[PDB]
Amino acid sequence: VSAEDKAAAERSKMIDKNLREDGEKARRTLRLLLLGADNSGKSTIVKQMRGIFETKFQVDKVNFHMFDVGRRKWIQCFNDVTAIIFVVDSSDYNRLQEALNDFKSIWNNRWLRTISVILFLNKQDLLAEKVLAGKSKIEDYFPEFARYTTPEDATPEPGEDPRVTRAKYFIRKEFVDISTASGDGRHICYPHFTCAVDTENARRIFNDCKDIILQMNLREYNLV
Amino acid sequence: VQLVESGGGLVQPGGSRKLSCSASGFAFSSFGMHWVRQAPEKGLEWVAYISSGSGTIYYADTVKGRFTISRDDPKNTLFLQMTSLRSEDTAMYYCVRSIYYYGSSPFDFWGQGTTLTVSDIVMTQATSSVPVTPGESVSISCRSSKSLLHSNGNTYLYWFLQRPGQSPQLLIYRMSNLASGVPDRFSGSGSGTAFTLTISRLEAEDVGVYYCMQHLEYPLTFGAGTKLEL
Amino acid sequence: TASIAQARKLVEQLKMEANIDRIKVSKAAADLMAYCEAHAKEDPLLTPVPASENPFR
Amino acid sequence: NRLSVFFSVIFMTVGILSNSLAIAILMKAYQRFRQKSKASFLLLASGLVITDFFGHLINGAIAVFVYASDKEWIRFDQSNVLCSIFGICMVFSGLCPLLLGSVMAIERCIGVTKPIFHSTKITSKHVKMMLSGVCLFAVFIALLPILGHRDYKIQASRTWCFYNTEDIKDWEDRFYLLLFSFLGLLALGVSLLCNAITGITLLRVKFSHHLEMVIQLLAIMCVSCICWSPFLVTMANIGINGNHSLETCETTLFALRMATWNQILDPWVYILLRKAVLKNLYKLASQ
Amino acid sequence: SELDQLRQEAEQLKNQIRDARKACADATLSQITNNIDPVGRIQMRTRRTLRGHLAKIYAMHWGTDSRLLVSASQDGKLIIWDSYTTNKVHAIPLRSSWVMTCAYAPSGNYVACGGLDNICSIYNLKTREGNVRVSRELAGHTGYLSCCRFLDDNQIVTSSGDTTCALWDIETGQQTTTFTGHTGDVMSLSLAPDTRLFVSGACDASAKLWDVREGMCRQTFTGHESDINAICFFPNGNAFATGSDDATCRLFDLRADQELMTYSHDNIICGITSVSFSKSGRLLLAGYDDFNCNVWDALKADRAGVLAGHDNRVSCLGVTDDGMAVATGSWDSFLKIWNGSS
Ligand SMILES: O=C(O)CCC/C=C\C[C@@H]1[C@@H](/C=C/[C@@H](O)COc2cccc(Cl)c2)[C@H](O)C[C@@H]1O
């Protein structure tokens, strides 16, 4: 090893030191992927909490970095995010089947087998008004809704109409049925009912991320 | 890229003096730094070296124990603390930057120098002076006591040109490569211990003293120097 | 009139591709085989070099 | 009578095989999990199994040598250097697993109760610093009698070297026994406290891998305490009551062999006795 | 009426091309190369492991000196490696960490990269300041940047997910030529040795040959059943190989205008990420999703060897210009240098 080679090798180690320091800084934030349709309203979810659109929000001194790309090819980039925030518009019955197929592609993606999905069934206030009016029927788009009943073990919110509760649990069940059809516990869906004024979405992500990281640790401790 | 030296001046024997080298226009923390001095009517002599990140420090034997070299990266300042100054230390001290990676050009930039007045591989340049005329080809020879060819294929030989009144400038690094901003007429050829610097179509600007330096190992040593005169 | 404009472009492109000169596959196969044979000796991955000539010892 | 060559040979053989099998599995598992996270547990588990592998090898080889030499310490250890080396190895091979098992309990308690803080604030360097600090601390305690002008004395069985326990007079002689017993019992106390918190937390959260982990924690708490409590309490009894206590040679020797199985069962309780691990070994055994 | 008539003529033209290709398919490459001896078993060892990337490696490219290489990872770091010593020469922090491609200029003075930011960024490696700086950001693509290759210090070709390729003038920052005709995301491109043509593979399972100067598609190559992820020119420029998600590699001929050979195995059911040729072109090296790199006999479609040294997807690979070694990059954040021994 020559005199210049030693100086070059010392330069390499100074590079390695800053590579490790930046890697530790990158691990101090949790990375989220925001997905949804045009009518989902995922932008309003982000704004209340706050080629690639990025937003940073903090919950209990924990930094979250959420990416909204604005797809089978570039979805491989987000192979190591903490969670995927998939947003749907539950009010629009016509496009619910599009969301179910969109959710099915993400859930069954080969490069997202270990990524848990934090489902946000957005715009619940519109869904409640739509059921109350009765002009449109979910049974028209989903024939199996006519024979669906609210589970006896269900826990509806106080002051909630049973018709709205029956509709909300049916819509949630459709997404959950896709989630439980495959995965075998590698990833877990975390459905939530959100509206355009709900301000607890950030904490719901924080609480769900605790379970996602805990499930990750449990596989490390057990799958040895 | 700028390198300004300060702190030089007339000092009493046995005294202490602090030399500063302020760097501007380049990433100072990325470059290793050398101090090179030149005694009046004498050749260049390497003094000390501090690496990027201050992790490695080297001194010449004639100054080891008396000189301390340090740098302040946030202030982009290079320091040389001198103690027990002798009459042998009267020289012009140059601040030299040098970065080391594959294909880099160490010793590429020299400072203007500061004057201090006090009240081992052998590099040989036997030809002290060469009378030259413009437009004629000139060859300068350098010899080393040890082979400068390393087992990695590099030959750590450098060529410098010090025009009258100016700081030295890098011409050839690692015995064959041409430094940035140097005309293509300069060409470096060598093998083992014998090296030749060929200057085709000599011009007025090329007039000066030429030094060959080895970077195979520390301490870095310079040749006596070959002067070109018209 | 977007579809009709695109149809003309696709048809025009297929005309250019259909008018090229094609050599036989046997002729093309021989050329690929010939190039591999001629440069076989200067392929270090095909014929590994002695350790003295390997920069990655 | 109660002592024989085959006791050391069988325990060393099983301990080496159990640890060597766990080393191969841990190396493959770490490469898979180092991509998802820092795999702090797999780093600490690897340090434990490697330490136990050398604990059974270095101490087992010396013990077999003493048995093969007809326990002739005077003839073959005139310089009194082997006993000091044997004492340092025995203390390190027993104290380090106790401290390492205590750090793993703390590390996995944070990873369960505070998963986000564990994931983001704690880095891979901190785990390596903690892993190295425990091993160095165990070496420091092992070297403490040597630096304190004391020397490890040959025990009653005359087959292993440890602190002086027969006719202790000076207060420094009884200090080493108390210090070793206190550190061992403190490690067990911290391991019990952290594993219990982790197990209780999972049960509350559960009501997939929660029940698998709870059974793992129960095995760690039972095996660690049952194996090491008789020896640690015996040393405390000797340290406090001195020779007046009924600490017979048979009782001390039996307690030592119980503590030996803690290192033997550590690969099984931490790694090998896992449903994922057993399935992989089932396929390998068939092939 | 007019629209219906025109689309009928396209079908007739497609049959005309298909008949024309069938006319010149007198023999098969397998029949031609049956007599030649096989390459035997190709054994390569990991000479070097490049450590320092802390995330998935997405791209690598050798420099023309066969010693320096640039790799891109989604930790937002461009690293230039000295492969002989494993020393890191540079570490370029990327403004956008979602990088998908990287290129080393043939002169060695520039590197390029880009990803989901829809930008191809040019970095100057030879500055008087001693640091790497961005020299150009090439904007104009409306999709992610999937591949980029320098023609010289002033020209670069980029492929994007907006179904188009572009030729750029780096000094002016404008795309002089746009290559349109792919109906899916273009995932890769390869330059011909003379840099007058380049092939691109898209997710429409088709490979198009483009003229750089003229700016139009000369030929279209079909035959894959899924998205094409990788493409590489044959060393003489008269052929190229592709890799798709259908677990197959196909060798297309430019002059014969058709596929010549398929490289697939029954055990292989995973997608292909990267393809490259040895210096003589006799070996086709392909990276796979099953964590392995399979070395194929290009002429005989025989699996010559396997490079098994990664614990995640092999995302990229490349062979040096002198043919001495092959580098493989992977999602496990490591790069490995391979060559055989006598
Ligand atoms: O002759 C006899 O019957 C008894 C003497 C045997 C001497 C050493 C026993 C070693 C074992 C070492 C295990 C280490 O983990 C140390 O274990 C301990 C245990 C109690 C206290 C402390 Cl401080 C550490 C190894 O398995 C094989 C061999 O028998």
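To find a chain, count down the sequence lines: A is the first, B the second, and so on, and within it residues start at 1. Whatever order the structure lists them in is the order used to number ligands and atoms, beginning at 1. Per deposition record, electron microscopy, 2.6 Å. Below, all heavy atoms of this structure are taken into account, side chains as well, without hydrogens, waters or symmetry copies.
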Open item on the list: Can you tell me what they call the drug at ligand 1?
Closed with: cloprostenol
TODO: Write down the macromolecule with more contacts to cloprostenol than any other chain, named per UniProt.
DONE: Prostaglandin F2-alpha receptor
TODO: Enumerate the other chains with heavy atoms less than 4.0 Å from cloprostenol.
DONE: D
Open item on the list: Can you walk me through which residues contact cloprostenol using 4.0 Å for heavy atoms?
Closed with: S8(D), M12(D), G55(D), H56(D), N59(D), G60(D), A63(D), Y67(D), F86(D), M90(D), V91(D), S93(D), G94(D), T159(D), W160(D), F162(D), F180(D), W228(D), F231(D), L253(D), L256(D), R257(D), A259(D), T260(D), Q263(D)
TODO: Give the UniProt transmembrane segments of chain D, counted from the N terminus, with a heavy atom under 4.0 Å from cloprostenol.
DONE: 1, 2, 3, 5, 6, 7
TODO: Number the atoms of cloprostenol from 1 as they appear, then name those within less than 4.0 Å of a heavy atom of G94(D), with their elements.
DONE: 24 (C)
TODO: For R257(D), counting its heavy atoms only, list the atoms of cloprostenol lying under 4.0 Å from any of them.
DONE: 3 (O)
Task: Where cloprostenol meets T260(D) - atom numbers and elements under 4.0 angstrom, heavy-atom basis - done: 11 (C), 13 (C), 26 (O)
TODO: State whether the shortest distance between N or O atoms of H56(D) and N or O atoms of cloprostenol falls below 3.5 angstrom.
DONE: yes
Task: Per-atom contacts of cloprostenol with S8(D), taking only distances under 4.0 Å to non-hydrogen atoms - done: 27 (C), 28 (C), 29 (O)
Open item on the list: Using a 4.0 Å cutoff against the non-hydrogen atoms of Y67(D), which atoms of cloprostenol qualify?
Closed with: 1 (O), 2 (C), 3 (O)
Open item on the list: With respect to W160(D), determine whether any N or O atom, backbone or side chain, lies less than 3.5 Å from an N or O atom of cloprostenol.
Closed with: no
Open item on the list: Is there a polar contact between cloprostenol and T159(D), counting only N or O atoms under 3.5 Å apart?
Closed with: yes
Open item on the list: Within the 4.0 Å heavy-atom shell around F180(D), which atoms of cloprostenol are there?
Closed with: 23 (Cl)
Open item on the list: Show the atoms of cloprostenol that are less than 4.0 angstrom away from any heavy atom in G60(D).
Closed with: 27 (C), 28 (C)
Open item on the list: Can you confirm, on distance only, whether cloprostenol has an N/O atom lying under 3.5 Å from any N/O atom belonging to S4(D)?
Closed with: no
